[PDB]
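The model presented next includes RVX-208.
Using the numbering of the PDB entry, the residues shown for chain A are 342-455, in order. For ligands, and for the atoms within them, numbers begin at 1 and follow the listed sequence.
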Amino acid sequence: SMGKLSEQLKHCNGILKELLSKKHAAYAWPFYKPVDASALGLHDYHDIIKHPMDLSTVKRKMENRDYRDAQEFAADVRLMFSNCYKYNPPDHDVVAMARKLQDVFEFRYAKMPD
Ligand SMILES: COc1cc(OC)c2c(=O)[nH]c(-c3cc(C)c(OCCO)c(C)c3)nc2c1
């Protein structure tokens, strides 16, 4: 393999599986598919959020070898969360859910050895 990079991408793949898993579903589910701005009525979503991201897209990119390394994977997970914080008011339910999921992500990702 390309060894350590490859190892760390496998580690990321496990983090992604965890984020998608039933144990986190109570707060992760808004992040399972792209934001459907039409259905939600967010007429300006794509005007404010230039680079949408969600866990299904992270999964697709992982599987398609589009990430060089764990840092690029993490950047997309963080982009997903940051888009949520960017678009929404701080008191919104989805922002709270994003934080709750982010603190799982950040703890798991931080445990990856350098
Ligand atoms: C169903 O999944 C989602 C995922 C989302 O982000 C990951 C969002 C999201 O970022 N904002 C909203 C959202 C929905 C409505 C109806 C809102 O009121 C618009 C009228 O004032 C606002 C402020 C946010 N819904 C999501 C749903």
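The macromolecule with the greatest number of heavy-atom pairs within 4.5 Å of RVX-208 (ligand 1) is, in UniProt, named Bromodomain-containing protein 2. Listed by number with element, the atoms of RVX-208 (ligand 1) under 4.0 angstrom from any heavy atom of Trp370 are 1 (C). Of the residues of chain A in contact with RVX-208 (ligand 1), the majority fall within UniProt domain Bromo 2.
Of the protein's non-hydrogen atoms, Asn429 ND2, 2.8 Å is the one closest to atom 10 (O) of RVX-208 (ligand 1). Looking only at protein heavy atoms, the nearest one to atom 4 (C) of RVX-208 (ligand 1) is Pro371 O, 3.5 Å. For atom 15 (C) of RVX-208 (ligand 1), the nearest non-hydrogen atom of the protein is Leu383 CD2, 3.7 Å. The protein heavy atom nearest to atom 8 (C) of RVX-208 (ligand 1) is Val435 CG2, 3.9 Å. Scanning the protein for heavy atoms near atom 26 (C) of RVX-208 (ligand 1), the closest one is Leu381 CD1, 3.7 Å.
Residues touching RVX-208 (ligand 1) within 4.0 Å, heavy atoms only: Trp370, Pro371, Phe372, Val376, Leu381, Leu383, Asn429, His433, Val435.
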Tabulating one pair per line, provide the atom names and distances (0.1 Å) for every N/O atom of RVX-208 (ligand 1) that is less than 3.5 Å from a protein N/O atom.
from	atom 1	to	atom 2	distance (Å)
RVX-208 (ligand 1)	10 (O)	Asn429	ND2	2.8
RVX-208 (ligand 1)	11 (N)	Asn429	OD1	2.9

